[PDB]
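Numbered from 1 within each chain, the chains take letters A, B, ... in sequence-line order. Only this structure's heavy atoms are used, side chains among them; waters, hydrogens and symmetry mates stay out. Remember, it's 1-based here, ligands and their atoms both numbered in the order they're listed.
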Number of protein chains: 4
Amino acid sequence: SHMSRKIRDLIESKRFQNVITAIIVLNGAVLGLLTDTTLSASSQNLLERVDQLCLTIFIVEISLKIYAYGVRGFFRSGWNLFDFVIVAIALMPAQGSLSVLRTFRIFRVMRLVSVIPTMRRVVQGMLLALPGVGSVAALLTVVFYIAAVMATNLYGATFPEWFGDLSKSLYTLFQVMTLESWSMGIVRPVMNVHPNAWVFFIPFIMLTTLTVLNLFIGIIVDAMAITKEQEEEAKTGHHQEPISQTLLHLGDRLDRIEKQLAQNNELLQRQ
Amino acid sequence: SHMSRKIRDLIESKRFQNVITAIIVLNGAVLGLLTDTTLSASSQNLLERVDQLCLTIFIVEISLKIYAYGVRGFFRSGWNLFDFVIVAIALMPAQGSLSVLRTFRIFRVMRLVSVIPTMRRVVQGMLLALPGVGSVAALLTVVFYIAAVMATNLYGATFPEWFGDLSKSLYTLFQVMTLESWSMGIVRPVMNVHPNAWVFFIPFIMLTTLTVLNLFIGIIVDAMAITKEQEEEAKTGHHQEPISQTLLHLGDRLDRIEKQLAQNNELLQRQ
Amino acid sequence: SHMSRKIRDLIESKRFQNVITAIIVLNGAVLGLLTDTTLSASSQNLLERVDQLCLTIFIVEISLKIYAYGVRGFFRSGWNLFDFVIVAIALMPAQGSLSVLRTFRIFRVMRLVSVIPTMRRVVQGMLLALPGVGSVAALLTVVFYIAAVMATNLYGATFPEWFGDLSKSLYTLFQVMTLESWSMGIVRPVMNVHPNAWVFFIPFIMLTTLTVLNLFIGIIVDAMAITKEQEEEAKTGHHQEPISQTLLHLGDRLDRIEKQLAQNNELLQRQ
Amino acid sequence: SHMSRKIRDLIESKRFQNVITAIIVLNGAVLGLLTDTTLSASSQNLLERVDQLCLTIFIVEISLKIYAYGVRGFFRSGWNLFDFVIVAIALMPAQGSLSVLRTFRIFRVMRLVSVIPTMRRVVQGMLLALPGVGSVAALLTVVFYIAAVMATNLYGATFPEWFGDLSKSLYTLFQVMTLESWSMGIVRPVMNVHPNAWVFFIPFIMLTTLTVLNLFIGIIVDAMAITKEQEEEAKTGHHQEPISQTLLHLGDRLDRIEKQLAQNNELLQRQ
Ligand SMILES: CC/C(=C(/c1ccc(O)cc1)c1ccc(OCCNC)cc1)c1ccccc1
Ligand SMILES: CC/C(=C(/c1ccc(O)cc1)c1ccc(OCCNC)cc1)c1ccccc1
Ligand SMILES: CC/C(=C(/c1ccc(O)cc1)c1ccc(OCCNC)cc1)c1ccccc1
Ligand SMILES: CC/C(=C(/c1ccc(O)cc1)c1ccc(OCCNC)cc1)c1ccccc1
Ligand SMILES: CC/C(=C(\c1ccc(O)cc1)c1ccc(OCCNC)cc1)c1ccccc1
Ligand SMILES: CC/C(=C(\c1ccc(O)cc1)c1ccc(OCCNC)cc1)c1ccccc1
Ligand SMILES: CC/C(=C(\c1ccc(O)cc1)c1ccc(OCCNC)cc1)c1ccccc1
Ligand SMILES: CC/C(=C(\c1ccc(O)cc1)c1ccc(OCCNC)cc1)c1ccccc1
Ligand code: NA
Ligand code: NA
Ligand code: NA
């Protein structure tokens, strides 16, 4: 069909992307103005209608995309499903979920990420970098769980606001890890009752700050190489060898070329 | 002309650079002494005249440079325009701009950076490294904007000093990100009214600290390679291949040399 | 023997690993529920019996492993000795050691690390990375010891809570290093009595934060390469050349191939 | 001479190094015990004599080294001059310097670094890494000086404890940079009088934390490669090409080998 063809040409254009980006910024700005409690009844009603206009433009946009690519074709992309959910969640007459309320209309600004390709690639790098740090994130989870059970048993009876239960302990252990008032606010007061409390919190700080930094460095380094390798694949179209694989087999590739040079020289000297 | 030639020879000399560097340090030191409110009327007038002398030396310096290189030639360098603005801004009888006042004469010490070539190269590395982190900086901007709108709507009515409006929220979210009294000062008090506030601030901390570190690591790594590659171009004069490009095509260059070795060996065995 | 053979086949299976992992999570969860002081007598007795069941399953598991591999074969692995100690420590009718009490049954959750191979490899990377940072860790130890002796002599008489003895000084120096209330809580108050105290604490902060970061970066970078090289050895089975050795001899390997190319070209031109 | 020869053989032995290391630890431990104000007159006199014994052993050690290597030969090493000063400074009957007092006998423990070769190499890596970060350290110095002059002029009259003079401003700007109570303790109070103070402190934090991290990453990366390259030179004895030089010329070395392969193949096909 010619109708689905020219609609895709329109959707894939730079101006269409710019119009949709402009509407996201406009929706974002109206939601920001609506945080102002002093605004008049007319000013609020006006901005709410501008929010309604922005929302309807997105319904036209998504419906135009579903028709032009097909239900299966549109939903083949994770970015499209995200775009679909962000907009479709607004058209909901009552929902039965384990969430508070959908008053967070501002999450629509997250579409700037999906609509801008350079920003889409950054998040892509970060998400693809997550599986590779799963074991470190799990190790940190185990350290926190063990630590929380210990802290609850040791300090909960004497310090109930900070360690009274497992939930309170997880919260103040996260605070200790971020180094936030860990000594003047938590451990110096706890040491006044339990003088050897530093045997618990100092190794806890040393271990968690090292593991967290490991988790962050792991993500930053992979995400940086993934984003870079994706660009070399979104230019040449050829598959890019992962930098780690190049580095692992570098020595192997060097001795093979060395040995092939000597045997070629061995046959060259005697002809 | 012989006048413009010998003036360039003088300007490009090591001693001329040292004289101008000495005057910048002297101007910087007099402005530092002038922060002392206890000083006598004579001492203040004296230092203000030494500041005036330093300023006039810079007017001679820039005018000497404009004549020796030509208006177009001088203004071709961004460092020269910066040097021009820093000095020309002082000779201003009233200005109509969206700024407070030009009492910040101390910004003249920033000329140490433009006048010292090693320091000029460091800032150059840092500035050239900025475009490459634009998408991460934009992602962090979007996270802050979404977060500020949420925090204003959720906590502004109960916590007006910290979240009363969009501006107050952006400020305390920047504080939370820097881990400054985030729990003892902000979130433990907010949890006394909103017990699930940690569902907001803990993921906000996790996401922003990771993104900020990504932004900083990105800048530090590029700036380091740019400064290094600039030096290999300011020695040999030959263009230096970016380290990333060397790394991306390393595997490709290795299999090409491997394949050329085997085909050469294939023709060598049968002659 | 056929009995020891089929028992090893069972132990090395994926389902056996999953059953033992399930029991660790179950034991971990019951120990977490037991931190709740409000629980009834029946609820506590019940969970204590579920803890007892979990413990006995581990005694069956280890005994099954000792028989199937032999005492020497089982104890050949450091992970097995760790698994043995974690379980065998529970079956102890009074012990004479320089420890408080074995109420930390929650340390049994650390078995998730030894039982899950990806998690076992992460800790392995981290432990093997420790010898290489021993000199930096020793340098930081020497800085802390010298600093503590100084701080005790200088500030102990005027500030006994923070510097009264060597132990109190080591503790507040660790706090200063983590940047926790170092100025508003410790150094601004100390400067009210000793105005040049900043000559001590600012260089102490500068030196220790740099050394700690060196210690952490050192561990993170090695552990990352060790874990990666271990995987290339737990796939191909061939020994992986350490990335540092590849990098050190890279220039050497390149000039050797360059020189062999020119001499081959020298003999090729004249035949 | 045979006397100077066998004395060098003794000095260069492992046991001699161990004896001197034992005496440093012993001296360090006695100085630590002497921080205890509760000690009796006899206990103090005893430890002071053990300190005196340790000091005399070092005088024998250095004098033995000066004779065995010669005045010029001994003083040729920077580590020896350091060892000489640390010991010779103790034998001083009154000194006229811009220092407080030589009560810091504990600085003798810094000899553990010079006496242990692995620890000596770590400090060597760190010291040799300093010239390369001189421009970044200078940039950070200029930012602090400009910032201190601004802060004194803007906030000194309203906030004299924190910004009353140039010295007070440098101190609280260093505190702000370390993120220590920067908002709850300094900027929220300053904003109550100067509402746009965040325009000053937020860009100051952003710029200084980035520059400091640049300074630290710069030192850690060079020191790590220097220590590594020094070891490859203290094993093979051959000069090690700096990793940066290997990386810069990697692309250049690859295209030269590529071009030499094609021209060799061009002559091989037609013989
Ligand atoms: C720190 C980055 C790094 C890595 C590397 C080391 C040896 C190789 O053969 C290939 C890659 C590296 C890079 C990324 C890694 O994973 C990131 C997320 N997993 C934690 C793991 C290792 C490295 C380490 C030392 C020298 C050169 C590169
Ligand atoms: C962390 C530096 C790094 C990089 C790299 C990875 C693969 C390549 O083919 C070329 C460069 C790298 C270096 C700088 C980068 O950009 C810095 C600013 N953008 C966020 C992005 C990636 C890297 C990652 C893993 C192993 C070796 C180098
Ligand atoms: C930061 C990692 C690194 C390293 C390197 C530098 C030169 C070499 O010939 C081989 C390895 C490196 C990697 C890990 C090191 O040890 C980690 C634990 N010891 C402190 C030490 C150095 C490096 C530094 C500069 C460029 C490329 C890699
Ligand atoms: C971060 C280390 C690094 C570096 C590098 C980049 C390109 C080269 O041709 C040679 C070395 C590097 C390593 C150390 C440097 O100096 C450390 C102290 N000066 C600030 C500067 C740059 C680098 C950056 C990107 C990819 C691979 C290595
Ligand atoms: C090259 C991109 C990449 C990886 C990479 C990124 C930066 C580096 O400096 C080195 C390796 C990568 C990241 C993590 C990996 O394993 C982590 C261990 N698994 C638990 C394996 C490969 C990768 C490869 C396949 C899938 C996802 C990421
Ligand atoms: C080699 C200098 C360089 C870059 C570089 C610096 C250090 C590395 O370890 C790897 C790459 C660089 C930096 C960032 C780049 O892309 C970031 C993604 N764009 C949003 C691409 C290249 C660069 C190249 C062209 C223009 C500006 C910087
Ligand atoms: C390759 C794994 C490895 C090392 C390594 C990891 C990551 C890198 O980027 C560069 C080197 C390593 C780590 C530390 C080493 O020496 C530190 C100085 N000794 C005090 C020597 C080698 C190693 C080698 C042998 C035993 C243990 C670790
Ligand atoms: C290889 C050791 C080295 C350097 C190095 C260390 C680690 C790397 O990843 C890349 C380079 C080094 C460090 C800093 C350099 O320049 C910084 C800019 N000068 C202001 C130049 C070279 C060096 C070289 C000569 C003297 C001192 C240090
Ligand atoms: Na901090
Ligand atoms: Na704090
Ligand atoms: Na803090």
Trainee: Identify the drug located at ligand 8.
Mentor: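 The name is endoxifen.
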Trainee: What does the PDB entry call the chain that holds endoxifen (ligand 8) with the greatest number of close contacts?
Mentor: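 Most contacts: Ion transport protein.
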Trainee: Which other chains get a heavy atom nearer than 4.0 Å to endoxifen (ligand 8)?
Mentor: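 The other chains in heavy-atom contact are B, D.
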Trainee: At a 4.0 Å heavy-atom threshold, which residues contact endoxifen (ligand 8)?
Mentor: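 The heavy-atom cut-off picks out B/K228, D/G132, D/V221, D/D222, D/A225, D/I226, D/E229, D/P242, D/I243, D/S244.
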Trainee: Counting non-hydrogen protein atoms only, what is the nearest one to atom 1 (C) of endoxifen (ligand 8)? Give residue, atom name and distance.
Mentor: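 Of the protein heavy atoms, D/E229 OE1, 3.1 Å lies nearest.
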Trainee: Give the residue, atom name and distance (to 0.1 Å) of the protein heavy atom nearest atom 28 (C) of endoxifen (ligand 8).
Mentor: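 Going by distance alone, atom 28 (C) of endoxifen (ligand 8) is nearest to D/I226 CD1, 3.6 Å.
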Trainee: What residue and heavy atom of the protein are closest to atom 24 (C) of endoxifen (ligand 8), and at what distance?
Mentor: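 Looking at atom 24 (C) of endoxifen (ligand 8), the protein heavy atom closest to it is D/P242 CB, 4.6 Å.
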Trainee: Does atom 18 (C) of endoxifen (ligand 8) have a protein heavy-atom neighbour under 4.0 Å away?
Mentor: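 So far as the 4.0 Å threshold goes, atom 18 (C) of endoxifen (ligand 8) is in reach of a protein heavy atom.
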Trainee: I can't find it - what organism does the entry give for chain D?
Mentor: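 Per the PDB, it's Magnetococcus marinus MC-1.
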Trainee: Could you identify the single nearest non-hydrogen protein atom to atom 12 (C) of endoxifen (ligand 8) and state the distance to 0.1 Å?
Mentor: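 In this structure, atom 12 (C) of endoxifen (ligand 8) has D/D222 OD1, 4.1 Å as its nearest protein heavy atom.
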Trainee: Within endoxifen (ligand 8), which atoms have a heavy atom of D/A225 less than 4.0 Å away?
Mentor: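 The list of qualifying atoms is 6 (C), 7 (C).
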Trainee: Which protein non-hydrogen atom lies closest to atom 9 (O) of endoxifen (ligand 8), naming both residue and atom, and how far is it?
Mentor: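 Heavy-atom neighbour on the protein nearest atom 9 (O) of endoxifen (ligand 8): D/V221 CG1, 3.6 Å.
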Trainee: Which of the numbered atoms in endoxifen (ligand 8) are below 4.0 angstrom from a heavy atom of D/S244?
Mentor: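 Per the distance check, 10 (C), 11 (C).
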